[PDB]
Amino acid sequence: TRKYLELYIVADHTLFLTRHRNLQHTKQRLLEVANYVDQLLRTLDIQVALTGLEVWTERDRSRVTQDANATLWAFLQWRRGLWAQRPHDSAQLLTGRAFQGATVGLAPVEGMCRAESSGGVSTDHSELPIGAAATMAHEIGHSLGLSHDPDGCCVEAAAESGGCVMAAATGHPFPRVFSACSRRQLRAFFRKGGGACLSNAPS
Ligand SMILES: *[C@@H]1O[C@H](CO)[C@@H](O[C@@H]2O[C@H](CO)[C@@H](O[C@@H]3O[C@H](CO[C@H]4O[C@H](CO)[C@@H](O)[C@H](O)[C@@H]4O)[C@@H](O)[C@H](O[C@H]4O[C@H](CO)[C@@H](O)[C@H](O)[C@@H]4O)[C@@H]3O)[C@H](O)[C@H]2NC(C)=O)[C@H](O)[C@H]1NC(C)=O
Ligand SMILES: CNC(=O)[C@@H](NC(=O)[C@H](CC(C)C)[C@H](O)C(=O)NO)C(C)(C)C
Ligand SMILES: [Ca+2]
Ligand SMILES: [Cl-]
Ligand SMILES: [Cl-]
Ligand SMILES: [Zn+2]
């Protein structure tokens, strides 16, 4: 019984523009962010399989604004049509837009595999790909029913180590591991029936 996450990642038009309208380099950024997401999720014993990749080179397919929540749900609605053509477990939007309130990412809680909510949004806020990846892994965490780490969690992964992924705030150094509290919450989530779509090994 092994767990696999079929991930579909999207780069919005703004990100494309910040990447000098360079398709190849925008795709490379997505690939490197996806690689770090895989590294982080593997500390939960979940392997990531990059199912698909998309760059909105001419226009955003869903409305992206300063409102993180509005952006998240507009993306999720668009994701429904995407899913019908390109099946995946979770779709993640990586945006070059900055959200109001210093928010860098959002995702519906316990929505993994749900038709209306299996996705998330993250701003590419750091020069380092691991920044966006830690945010994306955090949103995927919420999708898997993980809550923010209580202060008595993340016994170790010291300050200089970046801490743990489910921390409520982010910043360099970025987290590379999920806390033991997160591990326990994930196992309970799976036992209770959540994330049923993570059971298949990608073809
Ligand atoms: C993040 O952003 C999302 C999207 O904007 C918010 O989700 C919306 O939340 C509101 C309130 O919770 C929901 O409003 C309900 O809409 C129902 C009809 O929905 C249709 O129309 C909306 C708007 O055009 C579309 O988004 C949607 O796809 C549907 O086509 C109404 O029937 C509801 O009214 C009835 O129920 C309410 C509450 O139960 C009663 O008080 C009323 O008397 C009435 O009987 C209600 O107006 C809306 O549907 C949600 N949109 C979704 C699911 O996409 C999040 O709340 C927001 N998160 C935040 C800010 O925390
Ligand atoms: C640099 N900005 C931040 O640290 C913000 N935090 C976020 O944006 C969170 C995501 C980070 C990946 C931890 C977000 O609120 C969340 O929990 N989504 O699930 C602050 C603390 C300013 C609100
Ligand atoms: Ca799957
Ligand atoms: Cl168990
Ligand atoms: Cl049980
Ligand atoms: Zn959070």
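All chain A residue numbers match the PDB entry; in order, they span 208-410. Per deposition record, X-ray crystallography, 1.6 Å. Indexing begins at 1, ligand by ligand and atom by atom, following the structure's order. Just so you know, these numbers use all the heavy atoms, side chains as well, and skip hydrogens, waters and symmetry mates.
- Here the macromolecule bound to ligand 2 with the most contacts is known in UniProt as Disintegrin and metalloproteinase domain-containing protein 33.
- PDB records give the name of the drug at ligand 2 as marimastat.
- Checking distances below 4.0 Å from marimastat gives these other ligands and ions: ligand 6 (zinc ion).
- When hydrogens are left out, the protein atom nearest atom 17 (O) of marimastat is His355 NE2, 2.8 Å; that is the closest non-hydrogen contact.
- Heavy atoms of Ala275 stay at 4.0 angstrom or farther from marimastat.
- Looking from atom 2 (N) of marimastat to the surrounding protein, the closest heavy atom is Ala309 O, 3.0 Å.
- The organism reported in the entry as the source of chain A is Homo sapiens.
- By minimum heavy-atom distance to 1 Å, the UniProt active-site residue of chain A closest to marimastat is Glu346, 3 Å.
- Of the protein's non-hydrogen atoms, the one nearest atom 19 (O) of marimastat is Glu346 OE1, 2.8 Å.
- A heavy-atom separation below 4.0 Å is not found between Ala314 and marimastat.
- In terms of N/O distances under 3.5 Å, marimastat is not approached by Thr342.
- Counting only non-hydrogen atoms, the residues of chain A annotated by UniProt as Zn(2+)-binding that lie closer than 4.0 Å to marimastat amount to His345, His349, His355.
- Site of marimastat with heavy atoms closer than 4.0 Å: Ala309, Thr310, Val311, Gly312, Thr342, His345, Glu346, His349, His355, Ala374, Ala375, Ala376, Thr377.
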